[PDB]
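All remarks here apply to the structure that follows.
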Amino acid sequence: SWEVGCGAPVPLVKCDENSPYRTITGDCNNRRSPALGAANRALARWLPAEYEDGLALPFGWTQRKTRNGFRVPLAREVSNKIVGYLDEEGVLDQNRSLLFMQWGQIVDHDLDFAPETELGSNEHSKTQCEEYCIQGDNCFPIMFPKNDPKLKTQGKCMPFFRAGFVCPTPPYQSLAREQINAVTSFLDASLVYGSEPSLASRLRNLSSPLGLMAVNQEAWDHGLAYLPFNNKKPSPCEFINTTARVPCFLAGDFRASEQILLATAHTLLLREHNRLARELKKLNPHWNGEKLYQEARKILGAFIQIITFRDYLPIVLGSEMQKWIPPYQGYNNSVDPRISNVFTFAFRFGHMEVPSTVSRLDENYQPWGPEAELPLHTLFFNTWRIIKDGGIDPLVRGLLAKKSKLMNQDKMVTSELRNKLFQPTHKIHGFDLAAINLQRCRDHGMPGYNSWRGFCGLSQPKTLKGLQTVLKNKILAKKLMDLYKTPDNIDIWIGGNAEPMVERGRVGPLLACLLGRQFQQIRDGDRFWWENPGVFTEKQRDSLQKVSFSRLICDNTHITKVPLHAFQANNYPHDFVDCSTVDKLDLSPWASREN
Ligand code: HEM
Ligand SMILES: *[C@@H]1O[C@H](CO)[C@@H](O[C@@H]2O[C@H](CO)[C@@H](O[C@H]3O[C@H](CO)[C@@H](O)[C@H](O)[C@@H]3O)[C@H](O)[C@H]2NC(C)=O)[C@H](O)[C@H]1NC(C)=O
Ligand SMILES: *[C@@H]1O[C@H](CO)[C@@H](O[C@@H]2O[C@H](CO)[C@@H](O)[C@H](O)[C@H]2NC(C)=O)[C@H](O)[C@H]1NC(C)=O
Ligand SMILES: *[C@@H]1O[C@H](CO)[C@@H](O)[C@H](O)[C@H]1NC(C)=O
Ligand SMILES: *[C@@H]1O[C@H](CO)[C@@H](O)[C@H](O)[C@H]1NC(C)=O
Ligand SMILES: CC(=O)Nc1ccc(O)cc1
Ligand SMILES: [Ca+2]
């Protein structure tokens, strides 16, 4: 029982032992088990998968088959009855900058990516799912319910294609289906450098011995760099404006261009790497290219790790931070550093923090131009608003001065995402991220809400009155019972996000526990954790201790007025200071005298 491993996908396993740098694929991090945490391997299962047929079919596939004796409600109905809301007033988080939401997506894209299966190169089946809404194989359409407005203007469904899974790609059946994580489980800046050697290399500027990352040769941000373009067709960034004809960017991670602020954040990171390669050159003229690239890579990965664990997680978890992530004790080679399947859903809480508009601010932090504020849906895969309309400085100001959307039980996901999401190769700004999250949760064979409450050592409500007490909300509990007919069937994504927020944090107790464990594990289980003895020098470590997101902005834009604490709500000019009164990153301890 339980033979140890299917392993047709990741075959090659060769580990240079001495190495001072992480591999791109994440392999060799764990010396006892070298493939743990590498990209392109199955997501970890913290609990056995739950499928309608116990093997691969998701719940909601066969009409007559129930879950625990009940039909599961359509993803879109749960979306319409619980997730939507009209009034965008008073929905803003008075105490989290918009940078808060953005950093979450960034970290998230470093950690996991379960892309759709691909049997659609020169195919009809791409359209057979779009055109006629016929379920079968990897096509698992999100049907609209009886009273849905999209029925009137969009057809019968919203297309959806099941997520990639390991050994095969169309058929297989003996063990439960396990989805693939295409990025490294380590918080290693794989989103800047890539998780594949093919991409990692392409991203590099291999024309000179400076260990720099390739930059855009066709457009400049007033002297500063832009991410190179991804010359590939069909490009969705060109699709949203065929006049501007501006391609999507090429980053270590596929999704970089999905929305303009992520693209922005990716730009800052790329610049910081290069800035780091240049200062290291000055101090170490002898270091070759590779060394420069790697030493810069290594520094940027630490940066991402510090900001995430010192600044970000404490304000996501609040009071629960300590219960799950106690002070670092060092590298424990016994810990599973893989990202769990459920984490990829639990981290989607960030979806309720996305606001309906985005702004561009000038040097006085006032409306940049006559259309400074734009609706969120006009920015999906929009790279021209950056290239042909002000570079990233105006947007980075918005990220600092604007607020994230506070999650709210009566106002969960803004319609910009819930009704107007754009998906590549599909042609309308008419998709629903909430519905997709739900369908996806079933596609991954996720256990119900209570299995996870049980997993986290929390009560498992079984009645209306039961759920009200946990959700601390009668009306929401009723709507959920009416739809699910048992809390045992509530999809973990929505059940987890419906819980009230723990003191000082921005997620409920279930999620705090799920997020808490995962982050504790990617930290304790990482051999290259920045604070782990032997990775950096004692002196380099005191220099790193000084990074701030503020500093990153000062060093990589033309902004000189920034707050001290980037993730909290900050107003200009009061909460802002001059970049000069801000700790820089002293790179002296990287100088290497050996003569
Ligand atoms: C405007 C901002 C955002 C947009 C437009 C967006 C859109 C999307 C879309 C289209 C997907 C894939 C759906 C699927 O195929 O299952 C996705 C997935 C996801 N999002 Fe977002 N998202 C945004 C922000 C965020 C934020 C702020 C966070 C975290 C705090 C986040 C966390 C995730 C996670 C974990 C996934 C699952 C990734 C995987 O496949 O492993 N997202 N998002
Ligand atoms: C698609 O992208 C087009 C290319 O940028 C964009 O057109 C550009 O955007 C506006 C639209 O008129 C113009 O900017 C405005 O502001 C400047 C201030 O300097 C003034 O010249 C005018 O008031 C002007 O309207 C750009 O001039 C314009 N450029 C071109 C070549 O058309 C479109 O608006 C975008 N279309 C969509 C559907 O997104
Ligand atoms: C790779 O780096 C090289 C060397 O820095 C780049 O070539 C230079 O680009 C500058 C602009 O910064 C131009 O003035 C010169 O043509 C080059 N200068 C030097 C000193 O070499 C090149 O653009 C980079 N290539 C890519 C694809 O990013
Ligand atoms: C805002 O959040 C921060 C934590 O990021 C905390 O120090 C503070 O108590 C909050 N401020 C207000 C005014 O609510
Ligand atoms: C190392 O990890 C294992 C599994 O998580 C745990 O049982 C053990 O207590 C850990 N030891 C230390 C010193 O962290
Ligand atoms: C680019 C793309 O495939 N879409 C996309 C997927 C996930 C996500 O979090 C943001 C965007
Ligand atoms: Ca990673």
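Residue numbering for chain A follows the PDB entry, covering 1-595 in order. What you see below is based on every heavy atom in this structure, not just the backbone, and it leaves out hydrogens, waters and symmetry mates. Whatever order the structure lists them in is the order used to number ligands and atoms, beginning at 1.
The options were clonidine, isoniazid, acetylsalicylic acid, paracetamol; the drug at ligand 6 is paracetamol. Short version: main partner of paracetamol (ligand 6), named per UniProt, is Lactoperoxidase. Selection from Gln423, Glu258, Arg348 by nearest heavy atom to atom 11 (C) of paracetamol (ligand 6) gives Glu258. Here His109 has side-chain heavy atoms under 4.0 Å from paracetamol (ligand 6), and that is the only part of it that gets that close. In the PDB entry, the organism given for chain A is Bos taurus. Contact atoms of paracetamol (ligand 6) toward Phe381: 1 (C), 2 (C), 4 (N) (distance under 4.0 Å to a heavy atom of the residue). The closest UniProt active-site residue in chain A to paracetamol (ligand 6), going by heavy-atom distance rounded to 1 Å, is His109, 3 Å. Close contacts between paracetamol (ligand 6) and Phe254 involve ligand atoms 3 (O) [criterion: under 4.0 Å to a heavy atom]. According to UniProt's Ca(2+)-binding annotation of chain A, no residue has a heavy atom under 4.0 Å from paracetamol (ligand 6).
The heme b-binding residues of chain A named by UniProt that have a heavy atom under 4.0 Å from paracetamol (ligand 6) are exactly: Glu258. Other-chain residues and nucleotides with a heavy atom under 4.0 Å from paracetamol (ligand 6) are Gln105, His109, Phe254, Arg255, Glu258, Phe381.
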